[PDB]
> 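Please see the structure below; I have some questions.
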2 protein chains.
Amino acid sequence: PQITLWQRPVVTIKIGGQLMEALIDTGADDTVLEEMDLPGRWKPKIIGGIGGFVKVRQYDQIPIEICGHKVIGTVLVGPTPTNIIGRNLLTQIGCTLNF
Amino acid sequence: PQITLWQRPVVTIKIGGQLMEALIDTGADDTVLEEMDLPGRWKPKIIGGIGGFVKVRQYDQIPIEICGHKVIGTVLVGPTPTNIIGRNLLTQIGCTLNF
Ligand SMILES: CC(C)(C)NC(=O)[C@@H]1C[C@@H]2CCCC[C@@H]2CN1C[C@@H](O)[C@H](Cc1ccccc1)NC(=O)[C@H](CC(N)=O)NC(=O)c1ccc2ccccc2n1
């Protein structure tokens, strides 16, 4: 579909059989969701945002269903206030920027 | 143009009669630039990011020529790794997400 930028581009994702709301973010190199337990093991990871660096878990190759398109990929889990779908899973769902 | 997400979406903007590289970021509400002083007066603002809250200068109603379309809006300036083009000035050029 064609989503507009008048409001934040929020889509529902299905990770772990449960649905939540995520935010389409083309500026993020990776995907970072709010802290929780996912069905796998994790490693530690450090990623930086505006203002400072954060410490997150790194669940690798998790199967996440982004709005009809099923994908697999690395999701980071940390103290973020909003779930972010970065450009690792977006390129998978065939997402582009047009203007 | 039709931009893909395999690479980071880097668009060149002209602000202050100077050219600079910027990132097309749909997750950012505001447009944040590198530390510098452009034409005009400023007021304060504290924005948030993944790694906490940072302090920036707010330059209101500034003319930026994104990708050739001359547009207007508030540009923030403070400490940031890259120049960010948020949703406020994206809508102005008619940017959309599609998949
Ligand atoms: C710019 C501003 C208006 C403040 N908005 C945001 O920062 C919003 C705020 C939203 C609500 C709070 C939680 C985060 C989301 C998404 N972020 C957008 C979001 O896209 C943000 C923009 C950004 C890019 C580069 C440098 C700094 C900031 N990116 C990020 O946070 C990603 C996270 C990641 N590793 O995937 N950081 C980077 O992609 C990234 C890349 C290289 C870097 C080099 C040095 C230091 C930091 C670096 N950060």
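Just so it is clear: chains get the letters A, B, ... in the order the sequence lines come, proteins before strands, and each one is counted from 1. Structure method, as recorded: X-ray crystallography, 2.5 Å. For ligands, and for the atoms within them, numbers begin at 1 and follow the listed sequence. Computed over heavy atoms, backbone and side chain alike; hydrogens, waters and symmetry mates excluded.
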> What's the name of that drug at ligand 1, by the way?
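Answer: saquinavir.
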> Help me with this one: what macromolecule has the most contacts with saquinavir, named as in the PDB entry?
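Greatest contact count: protein (protease).
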> Return the chain letters whose heavy atoms come under 4.0 Å from saquinavir, other chains only.
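Heavy atoms from other chains: A, B.
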> Which residues would you count as binding saquinavir, with heavy atoms within 4.0 Å?
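By heavy-atom distance, that gives A:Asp25, A:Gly27, A:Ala28, A:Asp29, A:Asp30, A:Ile47, A:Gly48, A:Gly49, A:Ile50, A:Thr80, A:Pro81, A:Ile84, B:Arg8, B:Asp25, B:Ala28, B:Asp30, B:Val32, B:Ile47, B:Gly48, B:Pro81, B:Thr82, B:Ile84.
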> Can you tell me which residue and heavy atom of the protein come closest to atom 31 (O) of saquinavir, and the distance to 0.1 Å?
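That would be A:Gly49 CA, 3.5 Å.
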> Of the protein's non-hydrogen atoms, which lies at the shortest distance from atom 28 (C) of saquinavir, and what is that distance?
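The protein heavy atom lying closest is A:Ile50 N, 3.7 Å.
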> For atom 47 (C) of saquinavir, state whether the nearest protein heavy atom is under 4.0 Å away.
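So atom 47 (C) of saquinavir has protein heavy-atom neighbours under 4.0 Å.
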> Is B:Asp30 close to saquinavir, meaning an N/O of one under 3.5 Å from an N/O of the other?
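No; every N/O pair is 3.5 Å or more apart.
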> What atoms of saquinavir come within less than 4.0 Å of a heavy atom belonging to A:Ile47?
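By the 4.0 Å cutoff, the relevant atoms are 35 (N).
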> What atoms of saquinavir come closer than 4.0 angstrom to any heavy atom of B:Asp25?
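Counting atoms of saquinavir from 1, those under 4.0 Å from B:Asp25 are 18 (C), 19 (C), 20 (O), 22 (C).
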> Considering the heavy atoms of A:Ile84, write down every atom of saquinavir situated less than 4.0 Å from one of them.
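Near A:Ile84, meaning under 4.0 Å from one of its heavy atoms, saquinavir has 14 (C), 15 (C), 16 (C).
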> Under 4.0 Å from any heavy atom of B:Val32, which atoms of saquinavir are there?
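Reading through saquinavir atom by atom, the close ones are 1 (C), 3 (C).
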> When you measure from atom 44 (C) of saquinavir to every protein heavy atom, which one gives the shortest distance, and what is it?
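Of every protein heavy atom, B:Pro81 CB, 4.5 Å lies nearest to atom 44 (C) of saquinavir.
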> I need the atoms of saquinavir closer than 4.0 Å to a non-hydrogen atom of B:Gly48, numbered in the order shown.
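Listed by number with element: 4 (C).
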> Where is the nearest protein heavy atom to atom 3 (C) of saquinavir: which residue, which atom, and how far?
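Ranked first by proximity to atom 3 (C) of saquinavir is B:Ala28 CB, 3.5 Å.
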> Look at atom 39 (O) of saquinavir and say which protein heavy atom is nearest, naming residue and atom and giving the distance to 0.1 Å.
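Ranking protein heavy atoms by distance from atom 39 (O) of saquinavir, first comes A:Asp29 OD2, 3.4 Å.
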> If the cut-off is 4.0 Å to any non-hydrogen atom of B:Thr82, which atoms of saquinavir fall inside it?
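Under 4.0 Å from B:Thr82, saquinavir has these atoms: 25 (C).
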> In terms of residue, atom name and distance, what is the protein heavy atom nearest to atom 29 (N) of saquinavir?
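Atom 29 (N) of saquinavir sits closest to the protein heavy atom A:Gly27 O, 4.0 Å.
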> Which organism of origin does this entry record for chain A?
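The entry lists the source of chain A as Human immunodeficiency virus 1.
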> Which covalent bond, if any, links saquinavir to the chain, stated as residue and atom?
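Covalent link: none modeled.
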